[PDB]
*Asks:* 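For reference, the structure I am asking about is given below.
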Amino acid sequence: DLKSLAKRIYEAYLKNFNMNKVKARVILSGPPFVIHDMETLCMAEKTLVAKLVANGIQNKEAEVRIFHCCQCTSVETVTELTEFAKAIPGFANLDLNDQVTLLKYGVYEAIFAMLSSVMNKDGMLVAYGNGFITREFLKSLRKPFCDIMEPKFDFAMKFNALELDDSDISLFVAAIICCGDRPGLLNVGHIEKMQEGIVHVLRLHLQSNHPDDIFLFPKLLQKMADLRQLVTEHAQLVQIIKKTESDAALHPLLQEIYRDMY
Ligand SMILES: CC[C@@H](Oc1cccc(CN(CCCOc2ccc(OC)cc2)c2nc3ccccc3o2)c1)C(=O)O
């Protein structure tokens, strides 16, 4: 039954996420338009996000346009994660408020975990796999926008070195969502039992799928803690940008996620 549960989780991930590691690797293997400088950013925008640059002199600064594009992907991924969570045994049986709380704290940890699948050491896929933005270009942006993506590349290079596949990532994302220590949960006991169940599925799956790496489960527990810290730091940077960059608006769904988070 635990093998069946692992497969159900994987099937739910394949249905619900537009991007996965298989799809990303096909693309990254060599088509995506390469964004490596301001000229190619602007060319890519004209083809792939035309509306955002159809304002002439009224267009926002390039860094702010990138900030906006990043948030759009997060909004869509939050929708995918909310539908995915229904496949987790017990999740749909929880009080609606607890569902909201688990998603509030888990979505960005899951986002940064899955973001790793579209990253290599030189850059990352964007716009549903139709662009590839270089790591060096993102580092070249004016402060503080150059500080957004680099810590996520750093996380991703080490996470990708574990050589997880989608079957593993689906269970890891389910485990992220099930954390029983999120602030403000009502039914901690039922959430802890839901978490115990999914973590048991994850541990057995990693044992079967990665017999060569006897420590992969505790490695991933540590990655979960690393992701929590990465999200805490990211939220702090987002708040700095919101307060100091008059054009860098935050989408209302994301402002609700960030509100009172850390
Ligand atoms: C800034 C505040 C914002 O921070 C971030 C920080 C890091 C990553 C994201 C979301 N993200 C990057 C999208 C870039 O999207 C474009 C699109 C077009 C473009 O130029 C034409 C440039 C960038 C992403 N990709 C994914 C791929 C797979 C799985 C999950 C994914 O998550 C948001 C937040 O907090 O929401």
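Throughout, residue positions are numbered sequentially from 1 according to the sequence presented. Atoms within a ligand are numbered from 1 in the order they appear, just like the ligands themselves. Because only heavy atoms are used, hydrogens play no part in the values below, and waters and symmetry mates are left out as well, while side chains stay in.
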*Asks:* Which drug molecule has been modeled at ligand 1?
*Replies:* pemafibrate
*Asks:* Just wondering - which macromolecule does pemafibrate hug the most here, in the naming of UniProt?
*Replies:* Peroxisome proliferator-activated receptor alpha
*Asks:* Which chain positions lie within 4.0 Å of pemafibrate by heavy-atom distance?
*Replies:* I35, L41, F67, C69, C70, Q71, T73, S74, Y108, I111, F112, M114, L115, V118, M124, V126, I148, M149, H234, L254, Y258
*Asks:* With respect to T77, determine whether any N or O atom, backbone or side chain, lies less than 3.5 Å from an N or O atom of pemafibrate.
*Replies:* no
*Asks:* What organism is annotated as the source of chain A in the entry?
*Replies:* Homo sapiens
*Asks:* Counting only nitrogen or oxygen atoms and a 3.5 angstrom limit, does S74 reach pemafibrate?
*Replies:* yes
*Asks:* In the protein, which heavy atom is nearest to atom 22 (C) of pemafibrate, and how far is it?
*Replies:* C69 CB, 3.9 Å
*Asks:* Under 3.5 Å, N or O to N or O, is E45 touching pemafibrate that way?
*Replies:* no
*Asks:* With respect to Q71, determine whether any N or O atom, backbone or side chain, lies less than 3.5 Å from an N or O atom of pemafibrate.
*Replies:* no
*Asks:* I'd love to know which residues UniProt tags as binding indeglitazar in chain A are close to pemafibrate, meaning a heavy atom under 4.0 Å.
*Replies:* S74, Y108, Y258
*Asks:* Among all protein non-hydrogen atoms, which one is nearest to atom 26 (C) of pemafibrate, and what is the separation to 0.1 Å?
*Replies:* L115 CD1, 3.7 Å
*Asks:* When residues of chain A contacting pemafibrate are grouped by UniProt domain, which group is largest?
*Replies:* NR LBD
